Asker: 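Questions regarding the structure given below will be posed in turn.
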Amino acid sequence: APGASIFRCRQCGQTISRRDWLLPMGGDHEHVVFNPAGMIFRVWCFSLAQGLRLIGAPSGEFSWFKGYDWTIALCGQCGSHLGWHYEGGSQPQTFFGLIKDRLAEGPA
Ligand SMILES: O=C1CC[C@H](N2C(=O)c3ccccc3C2=O)C(=O)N1
Ligand SMILES: [Zn+2]
């Protein structure tokens with residue numbers, strides 16, 4: 001009965017990811033970043049996620065992760081901005097960067 005195994009959308013409960021899918025990009029699954037508007041995000045990298053809607057076409061503008069282009073990732077149920085999908089890079093080609101405090105962790 002593990003209580004710390006799946007991540008859901010904090011706003012609505014949509015299933016998003018799993019602790020097992022955390023990905024240590026450059027040696028750490030956690031990355032702290034800012035956007036051009038100065039908003040700070042504590043980003044958890046995941047190899048895999050579900051339940052999202054990836055919006056529009058990829059962009060390399062202001063990418064936090066060298067060699068990757070991003071798309072906004074919304075909660076596919078409620079529209080909450082949960083993070084970004086990264087693509088176009090190498091080892092891995094793709095991953096998800098999700099905002100830790102916009103997820104809730106709990107049992108499967
Ligand atoms: O890797 C990324 C993901 C997108 C992120 N980003 C934002 O969070 C944002 C908000 C408003 C205008 C432009 C941006 C932007 O590039 C950013 O700064 N880097
Ligand atoms: Zn949601």
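Residue numbers start at 1 and run along the sequence shown. Values below: every heavy atom of this structure, side chains too, minus hydrogens, waters and symmetry copies. Note that ligands are numbered from 1 as they come in the structure, with each ligand's atoms numbered from 1 the same way.
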Asker: So what drug did they put at ligand 1?
Answerer: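 The name is S-thalidomide.
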Asker: What is S-thalidomide (ligand 1) bound to in this structure, taking the chain with the most contacts and naming it as in the PDB entry?
Answerer: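 Most contacts: Cereblon isoform 4.
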Asker: Okay, next thing: residues with a heavy atom within 4.0 Å of S-thalidomide (ligand 1) - which are they?
Answerer: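 Within 4.0 Å on heavy atoms: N35, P36, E61, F62, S63, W64, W70, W84, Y86.
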Asker: Name the closest protein heavy atom to atom 17 (C) of S-thalidomide (ligand 1), giving the residue it belongs to and the distance to 0.1 Å.
Answerer: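 Residue, atom and distance for the closest contact: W64 CZ2, 3.3 Å.
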Asker: What is the source organism the PDB records for chain A?
Answerer: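 According to the entry, Magnetospirillum gryphiswaldense.
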Asker: With only distance considered, is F62 within less than 3.5 Å of S-thalidomide (ligand 1) through an N or O on each side?
Answerer: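 Yes; at least one N/O pair falls below 3.5 Å.
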Asker: Distance under 4.0 Å to a non-hydrogen atom of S63: what atoms of S-thalidomide (ligand 1) satisfy this?
Answerer: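 In order of numbering, the contacting atoms are 1 (O).
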Asker: What residue and heavy atom of the protein are closest to atom 4 (C) of S-thalidomide (ligand 1), and at what distance?
Answerer: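 Ranking protein heavy atoms by distance from atom 4 (C) of S-thalidomide (ligand 1), first comes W84 NE1, 3.4 Å.
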Asker: Looking at atom 7 (C) of S-thalidomide (ligand 1), what's its closest protein heavy atom, distance included?
Answerer: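 Looking at atom 7 (C) of S-thalidomide (ligand 1), the protein heavy atom closest to it is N35 CB, 3.4 Å.
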Asker: With respect to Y86, determine whether any N or O atom, backbone or side chain, lies less than 3.5 Å from an N or O atom of S-thalidomide (ligand 1).
Answerer: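 Between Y86 and S-thalidomide (ligand 1), an N or O pair is found under 3.5 Å apart.
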Asker: Just jot down the S-thalidomide (ligand 1) atoms closer than 4.0 angstrom to any heavy atom of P36, in number order.
Answerer: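 Answer, ordered by atom number: 14 (C), 15 (C), 18 (O).
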Asker: Could any protein non-hydrogen atom be found less than 4.0 Å from atom 10 (C) of S-thalidomide (ligand 1)?
Answerer: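 Given the 4.0 Å cut-off, atom 10 (C) of S-thalidomide (ligand 1) counts as touching protein heavy atoms.
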Asker: Which residue holds the protein heavy atom closest to atom 16 (O) of S-thalidomide (ligand 1), what is that atom called, and what is the gap in Å?
Answerer: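 Closest protein heavy atom to atom 16 (O) of S-thalidomide (ligand 1): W70 CZ2, 3.4 Å.
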